[PDB]
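In this PDB entry you will find lincomycin.
Proteins get letters first, then strands, A, B, ... in listed order; numbering begins at 1 in each. Each ligand, and each atom within it, is numbered from 1 in the order the structure gives. Header lists the method as X-ray crystallography, 1.8 Å.
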There are 2 protein chains.
Amino acid sequence: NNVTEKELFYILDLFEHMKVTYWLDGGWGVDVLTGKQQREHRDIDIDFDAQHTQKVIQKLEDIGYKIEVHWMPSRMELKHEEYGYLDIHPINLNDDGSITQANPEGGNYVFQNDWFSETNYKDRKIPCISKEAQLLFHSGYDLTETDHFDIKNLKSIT
Amino acid sequence: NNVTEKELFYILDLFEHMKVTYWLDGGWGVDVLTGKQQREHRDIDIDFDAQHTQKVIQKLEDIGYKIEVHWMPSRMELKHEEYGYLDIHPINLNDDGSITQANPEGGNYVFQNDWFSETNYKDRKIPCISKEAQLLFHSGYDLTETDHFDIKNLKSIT
Ligand SMILES: CCC[C@@H]1C[C@@H](C(=O)N[C@@H]([C@H]2O[C@H](SC)[C@H](O)[C@@H](O)[C@H]2O)[C@@H](C)O)N(C)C1
Ligand SMILES: CCC[C@@H]1C[C@@H](C(=O)N[C@@H]([C@H]2O[C@H](SC)[C@H](O)[C@@H](O)[C@H]2O)[C@@H](C)O)N(C)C1
Ligand SMILES: [Cl-]
Ligand SMILES: [Mg+2]
Ligand SMILES: [Mg+2]
Ligand SMILES: [Mg+2]
Ligand SMILES: [Mg+2]
């Protein structure tokens with residue numbers, strides 16, 4: 001049921017084939033920063049260009065993902081019988097160079113651009129959020145045992 | 001108004017003369033990691049060995065700090081007419097090797113040992129929380145402009 005490296009690569013291929021700018025986030029994002037798989041994963045988190053929201057959802061449905069949680073335009077969780085869980089997060093990629101997310105209520109989060117980057121993982125280049133961003137969006141007073149493991153793995157990155 | 005480097009050192013000295021294990025935290029903790037002062041600070045945050053809570057409070061009171069809000073177990077917020085604001089956070093250095101802080105809603109927060117570090121600041125060794133711990137206890141979705149400034153100062157750390 002867990003999301004294997006091969007299944008992650010397939011999802012990465014989907015977005016790249018669709019020419020949708022995106023970055024891997026969450027737990028697989030942590031492992032990718034370390035250069036190898038560290039643990040089993042329930043899910044993949046992908047942050048993606050919000051202008052392609054409709055065709056991203058449609059393609060995921062087309063290959064068998066079922067929508068289970070729809071918190072859009074903030075977040076959506078889908079589930080595939082083989083590929084596992086996938087959470088997508090639409091983000092706004094503005095012509096003025098800025099990268100934003102709508103504030104669930106009022107306003108816009110303005111991300112730091114260098115929080116979105118790329119790493120060479122087993123000689124594939126994978127766009128992903130940075131180690132710094134991973135630590136920033138983790139919450140120190142709200143950590144699971146698995147969060148603790150991931151944070152230690154980030155620390156081991158030279 | 002603020003808390004100067006000289007004032008900071010004197011508060012650090014109090015803990016050292018009391019022989020209480022402690023770590024500098026908060027904004028001054030960020031500056032110390034970088035090795036020089038970066039901005040004016042309204043307060044000091046110090047995490048310290050909870051076994052010494054009673055004598056630590058007594059000494060702060062003896063030199064003239066007044067308790068503003070008593071939030072045990074999390075912390076005590078204090079204020080001094082000349083030295084300004086000081087928050088202290090009692091942490092438990094357990095014989096099982098864990099480091100924890102009580103959570104008023106049940107259980108405890110678990111910290112990692114390597115979040116408690118030190119650095120050479122102007123040829124003084126100051127114990128302080130780590131760079132990664134500072135990022136971790138910041139909240140990505142709730143950063144002020146000063147938080148961003150503080151965080152970028154940690155980038156610059158070669
Ligand atoms: C540099 C930008 C990083 C941002 C962080 C990411 C995000 O929102 N993650 C959520 C996650 O909450 C839970 S994990 C605890 C969810 O399980 C997970 O799917 C996911 O939503 C939370 C940690 O902030 N954002 C879109 C972009
Ligand atoms: C390493 C584990 C120890 C815990 C971590 C620490 C913590 O939360 N510090 C925050 C502080 O952010 C602001 S200061 C800039 C807050 O004002 C301050 O209260 C304070 O939370 C960190 C970002 O500097 N805790 C009390 C104990
Ligand atoms: Cl630990
Ligand atoms: Mg994930
Ligand atoms: Mg997730
Ligand atoms: Mg502070
Ligand atoms: Mg503070």
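- Including duplicates, the parts belonging to lincomycin are ligands 1 and 2.
- Here the macromolecule bound to lincomycin (ligand 1) with the most contacts is known in the PDB entry as Lincosamide resistance protein.
- Contact chains for lincomycin (ligand 1) (heavy atom under 4.0 Å, other chains only): A, B.
- Of the protein's non-hydrogen atoms, the one nearest atom 9 (N) of lincomycin (ligand 1) is A:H89 NE2, 4.6 Å.
- Looking at B:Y141, A:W71, A:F116 and measuring to atom 27 (C) of lincomycin (ligand 1), the nearest heavy atom belongs to B:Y141.
- Among the atoms of A:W115, none of the N or O lies under 3.5 angstrom from an N or O of lincomycin (ligand 1).
- Besides lincomycin (ligand 1), ligands or ions with an atom closer than 4.0 Å to that drug are found; these are ligand 5 (magnesium ion).
- Note that atom 1 (C) of lincomycin (ligand 1) has protein non-hydrogen atoms nearby, at separations under 4.0 angstrom.
- Nearest protein neighbour of atom 6 (C) of lincomycin (ligand 1), counting heavy atoms only, is A:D25 OD2, 3.5 Å.
- No N or O atom of A:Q101 sits closer than 3.5 Å to an N or O atom of lincomycin (ligand 1).
- Within a 4.0 Å radius of atom 11 (C) of lincomycin (ligand 1), the protein contributes no heavy atom.
- Within a 4.0 Å radius of atom 22 (C) of lincomycin (ligand 1), the protein contributes no non-hydrogen atoms.
- Protein heavy atom nearest atom 19 (O) of lincomycin (ligand 1), with residue, atom name and distance: A:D45 OD1, 2.6 Å.
- Scanning the protein for heavy atoms near atom 16 (C) of lincomycin (ligand 1), the closest one is A:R75 NH2, 3.6 Å.
- When each atom of lincomycin (ligand 1) is checked for a heavy atom of A:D87 under 4.0 Å away, the hits are 19 (O).
- Counting heavy atoms within 4.0 Å, the binding site of lincomycin (ligand 1) comprises A:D25, A:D45, A:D47, A:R75, A:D87, A:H89, A:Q101, A:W115, A:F116, A:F137, B:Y141.
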